[PDB]
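Residue indices begin at 1 and follow the sequence shown. For ligands, and for the atoms within them, numbers begin at 1 and follow the listed sequence. Just so you know, these numbers use all the heavy atoms, side chains as well, and skip hydrogens, waters and symmetry mates.
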Amino acid sequence: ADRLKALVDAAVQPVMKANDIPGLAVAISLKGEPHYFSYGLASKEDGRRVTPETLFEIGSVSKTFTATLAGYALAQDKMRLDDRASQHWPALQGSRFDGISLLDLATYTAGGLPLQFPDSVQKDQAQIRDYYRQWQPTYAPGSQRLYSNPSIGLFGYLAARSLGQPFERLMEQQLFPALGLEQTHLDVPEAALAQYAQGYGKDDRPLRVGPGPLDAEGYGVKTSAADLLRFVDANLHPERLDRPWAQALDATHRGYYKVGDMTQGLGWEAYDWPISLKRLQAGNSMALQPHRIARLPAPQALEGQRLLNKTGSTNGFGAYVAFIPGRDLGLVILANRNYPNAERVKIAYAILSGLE
Ligand SMILES: *[B@@]1([O])OC2=C(C([O])=O)[C]=[C][C]=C2[C][C]1[N]C(=O)[C][C]1[C][C][C]([N][C][C][N])[C][C]1
């Protein structure tokens, strides 16, 4: 307990001072035991302290939840990864999505869908439909990875359509309950708002995420360190869940291609373990520009001596999740500042190394 807190303090405290992080929550799953380390302030203005129940925006860590709902649709044979995208939304039939697979959308290889929807696209069903209807690939589907909200957002929306209900309803009514997540929200209840940390940007501008097209699919989850560790433990032990949910989690542990040291799954990104900190930082700090992929001859099991991870950022928050299946080791780092991905990995690496 002294060694473990000293290890986590040594990793966290300098990174919080260097990046002026007001509050940070750590959760570690070690050999099936949870450990929580809470630092600093959820809100500077009233001095509310971070706890393991504080809600943080996890940004693009939401994509691993989106991938899990798609895994659930696969498990129920409502869809297949080699389906043409437009088979799941009649509004897209006759568009370029006639020639793009669900796997291409899930893995950012549809042919140049951008990082974000253009500002001209509001959170509006018609605007989003018309955006996709008019879109044309810049390059061949299946050839270049460009990290993209509209890409995996559409994957998530099409998975929900395949299940016959809206995305946000499936998450609240089926997925969060199935995984035992009662402190995980797309739309934070009025009664839980007291737990919602403040985000801090430039000059400590207060920042909580506003509405955007396919926000729920791309970046919309708010959760606690305790709940996000529950999600990690479900990923470490899919076999403990009812069969369809065990399968949905397994679908997110399959690699399709490599870019540098990274193997791309559905939501999760994987590295061999051990690997240098510099390489794990570089993987998580990629130039937001297109990368040629190396396609695997068959989908690869993402298990054993590998680190699976995901970064997530909003204007006010910075999240990182990592787990090593072969070591039954999981960690969550949630902060209320969008501090650099390399600094998030720096904390995590110090902890995971400390425990190897
Ligand atoms: B997501 O968090 O992944 C991501 C990272 C990362 O992996 O850490 C870094 C940089 C960008 C992204 C994209 C994802 N996050 C967002 O899209 C943030 C979101 C974008 C829309 C904003 N509101 C628009 C204003 N009308 C809010 C922040």
Which drug name is given for ligand 1 in the PDB records? taniborbactam (bound form)
To what macromolecule is taniborbactam (bound form) bound in this model, taking the chain with most contacts, per the PDB entry? Beta-lactamase
Which residues and nucleotides contact taniborbactam (bound form) at a heavy-atom distance below 4.0 Å? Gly59, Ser60, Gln116, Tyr147, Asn149, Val209, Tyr219, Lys310, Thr311, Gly312, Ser313, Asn315, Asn341, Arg344
Students should be able to answer this: which protein heavy-atom is nearest to atom 6 (C) of taniborbactam (bound form), and at what distance? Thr311 OG1, 3.3 Å
Identity and distance of the protein heavy atom lying nearest atom 12 (C) of taniborbactam (bound form): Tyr147 CE2, 3.9 Å
Which residue and which atom form the covalent anchor for taniborbactam (bound form) in this structure? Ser60 OG
Starting from atom 17 (O) of taniborbactam (bound form), find the nearest protein heavy-atom neighbour and note its residue, name and distance. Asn149 ND2, 2.7 Å
Please list the nearest protein heavy atom to atom 26 (N) of taniborbactam (bound form) with its residue and the distance rounded to 0.1 Å. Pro211 O, 4.6 Å
Give the atoms of taniborbactam (bound form), by number and element, whose distance to some non-hydrogen atom of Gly312 is under 4.0 Å. 2 (O), 8 (O)
Is atom 20 (C) of taniborbactam (bound form) close to the protein, meaning a heavy atom under 4.0 Å from it? yes
Nitrogen or oxygen atoms of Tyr219 and taniborbactam (bound form) under 3.5 Å apart: no
What residue and heavy atom of the protein are closest to atom 2 (O) of taniborbactam (bound form), and at what distance? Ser60 OG, 2.4 Å
Do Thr314 and taniborbactam (bound form) have an N or O pair less than 3.5 Å apart? no
Proximal atoms of taniborbactam (bound form) relative to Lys310 (non-hydrogen, under 4.0 Å): 7 (O)
Return yes or no for this condition: an N or O of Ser313 is under 3.5 Å from an N or O of taniborbactam (bound form). yes
Organism, chain A, PDB record: Pseudomonas aeruginosa
Considering only heavy atoms of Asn341, which atoms of taniborbactam (bound form) have at least one such atom less than 4.0 Å away? 6 (C), 8 (O)
Take atom 24 (C) of taniborbactam (bound form) and look for protein heavy atoms under 4.0 Å from it; say yes if you find one, no if not. no
Look at atom 22 (C) of taniborbactam (bound form) and say which protein heavy atom is nearest, naming residue and atom and giving the distance to 0.1 Å. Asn315 OD1, 4.3 Å
Do protein heavy atoms approach atom 8 (O) of taniborbactam (bound form) to less than 4.0 Å? yes
